[PDB]
Novice: 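Take a look at this one; I'll ask things after.
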Amino acid sequence: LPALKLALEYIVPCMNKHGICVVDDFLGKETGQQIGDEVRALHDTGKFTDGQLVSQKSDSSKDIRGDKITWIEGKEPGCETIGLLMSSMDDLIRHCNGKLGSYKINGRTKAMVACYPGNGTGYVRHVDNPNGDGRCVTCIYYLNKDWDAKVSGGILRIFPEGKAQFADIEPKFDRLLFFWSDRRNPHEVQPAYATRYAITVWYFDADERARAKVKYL
Ligand SMILES: O=C(O)CNC(=O)c1nc(Cl)c2ccccc2c1O
Ligand SMILES: [Mn+2]
């Protein structure tokens, strides 16, 4: 679907109502597979970090590490398609101009590609932007084909503010996710028992970012 139709008919309404929006079959199988290949290539070639230190035992050889990451600009060799995804995300947000809350998005971060090794590690409950650093929207694209949470875990659980219940999102292949980056969406990644890949970009609100530079300097 054209970025515009998706943004106007689904993304905008959903975000303003729930603060969370899931779009399946974003780029299609062919493009999705290419991004998956590039990401897997980055991993296999050692472009990722060793992973977040979860437990620091006395013996550093027993230390358990979690999610591995790598920042991607989208212009690097072998990351062309990742750049395409980023460009597609940008087009989508551009068409949401002035319709997502009262925000005015004028920029984004590079892409943060994350890999949960599948060794039982996840990500503790947290808020992406709890101190007003400018990030208003978190966008995540998943690349895990035939992912079955009942067997591999890795579910993204969001705890919507003021709502007793929570929203569980499986990291399904070619799935695109949007949610407010602030305290409205505390979330966690449940333990993953299979290699789990995701690509995240954060979009900045013009005003929040402008004044963030004042304090955080
Ligand atoms: O991957 C997911 O479904 C959800 N991931 C996250 O919420 C998440 N958040 C942050 Cl702030 C980081 C930060 C660093 C590395 C991985 C992260 C991560 O996967
Ligand atoms: Mn997060």
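Position 1 is the first residue of the sequence; numbering continues from there. Whatever order the structure lists ligands and atoms in, that order sets their numbers, starting from 1. Just the heavy atoms: all of them, side chains too, but no hydrogens, waters or symmetry mates, feed the values below.
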Novice: Under what name is the drug at ligand 1 recorded?
Specialist: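 The name is FG-2216.
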Novice: Just trying to sort out this structure - which chain has the greatest number of contacts to FG-2216 (ligand 1), name per UniProt?
Specialist: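 It is bound most extensively to Egl nine homolog 1.
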Novice: How is the binding site of FG-2216 (ligand 1) composed, by chain and residue number, at heavy atoms under 4.0 Å?
Specialist: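 Heavy-atom neighbours of FG-2216 (ligand 1): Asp67, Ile69, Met112, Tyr116, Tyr123, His126, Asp128, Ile140, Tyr142, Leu156, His187, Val189, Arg196.
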Novice: For FG-2216 (ligand 1), which atoms sit closer than 4.0 Å to a heavy atom of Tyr116?
Specialist: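 Listed by number with element: 18 (C), 19 (O).
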Novice: What atoms in FG-2216 (ligand 1) come closer than 4.0 Å to a heavy atom of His187?
Specialist: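 Heavy-atom distances to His187 below 4.0 Å select 7 (O).
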Novice: What protein heavy atom is closest to atom 16 (C) of FG-2216 (ligand 1), reported as residue, atom name and distance in Å?
Specialist: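 Sorting protein heavy atoms by distance from atom 16 (C) of FG-2216 (ligand 1) puts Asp67 OD2, 3.4 Å first.
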Novice: State whether the shortest distance between N or O atoms of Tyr123 and N or O atoms of FG-2216 (ligand 1) falls below 3.5 angstrom.
Specialist: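 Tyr123 vs FG-2216 (ligand 1): no N/O contact under 3.5 Å.
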Novice: Would you mind running through FG-2216 (ligand 1) and noting each atom that sits below 4.0 Å from a heavy atom of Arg196?
Specialist: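 Reading through FG-2216 (ligand 1) atom by atom, the close ones are 1 (O), 2 (C), 3 (O).
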Novice: Let me know which other ligands or ions come in under 4.0 Å from FG-2216 (ligand 1), please.
Specialist: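 Within the cut-off sit ligand 2 (manganese (II) ion).
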Novice: Against FG-2216 (ligand 1), which UniProt domain of chain A provides the most contacting residues?
Specialist: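 The majority fall within the UniProt domain Fe2OG dioxygenase.
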Novice: Atoms of FG-2216 (ligand 1) less than 4.0 Å from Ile69 heavy atoms?
Specialist: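 Counting atoms of FG-2216 (ligand 1) from 1, those under 4.0 Å from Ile69 are 15 (C).
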Novice: Could you tell me whether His126 and FG-2216 (ligand 1) have an N or O pair separated by under 3.5 Å?
Specialist: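 In this structure, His126 places an N or O atom under 3.5 Å from an N or O of FG-2216 (ligand 1).
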Novice: Check whether the model has a covalent bond from FG-2216 (ligand 1) to a chain and give the residue and atom.
Specialist: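 Covalent bond target: none.
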Novice: Help me out: UniProt Fe cation-binding residues in chain A, which have a heavy atom under 4.0 Å from FG-2216 (ligand 1)?
Specialist: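 From UniProt's list, the heavy-atom cut-off leaves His126, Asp128, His187.
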Novice: Nearest protein heavy-atom contact for atom 4 (C) of FG-2216 (ligand 1): which residue, which atom, what distance?
Specialist: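 Result for atom 4 (C) of FG-2216 (ligand 1): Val189 CG2, 3.3 Å.
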Novice: I need the nearest protein heavy-atom contact for atom 14 (C) of FG-2216 (ligand 1): residue, atom name and distance, please.
Specialist: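 Result: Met112 SD, 3.7 Å.
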Novice: Can you pull the source organism for chain A from the entry for me?
Specialist: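 The PDB entry says Homo sapiens.
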Novice: Could you say whether the N/O atoms of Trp202 and FG-2216 (ligand 1) ever approach to under 3.5 Å?
Specialist: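 There is no such contact.
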Novice: OK, so UniProt lists some 2-oxoglutarate-binding residues in chain A. Which of them have a heavy atom under 4.0 Å from FG-2216 (ligand 1)?
Specialist: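 Among the UniProt binders, by heavy-atom distance, it comes to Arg196.
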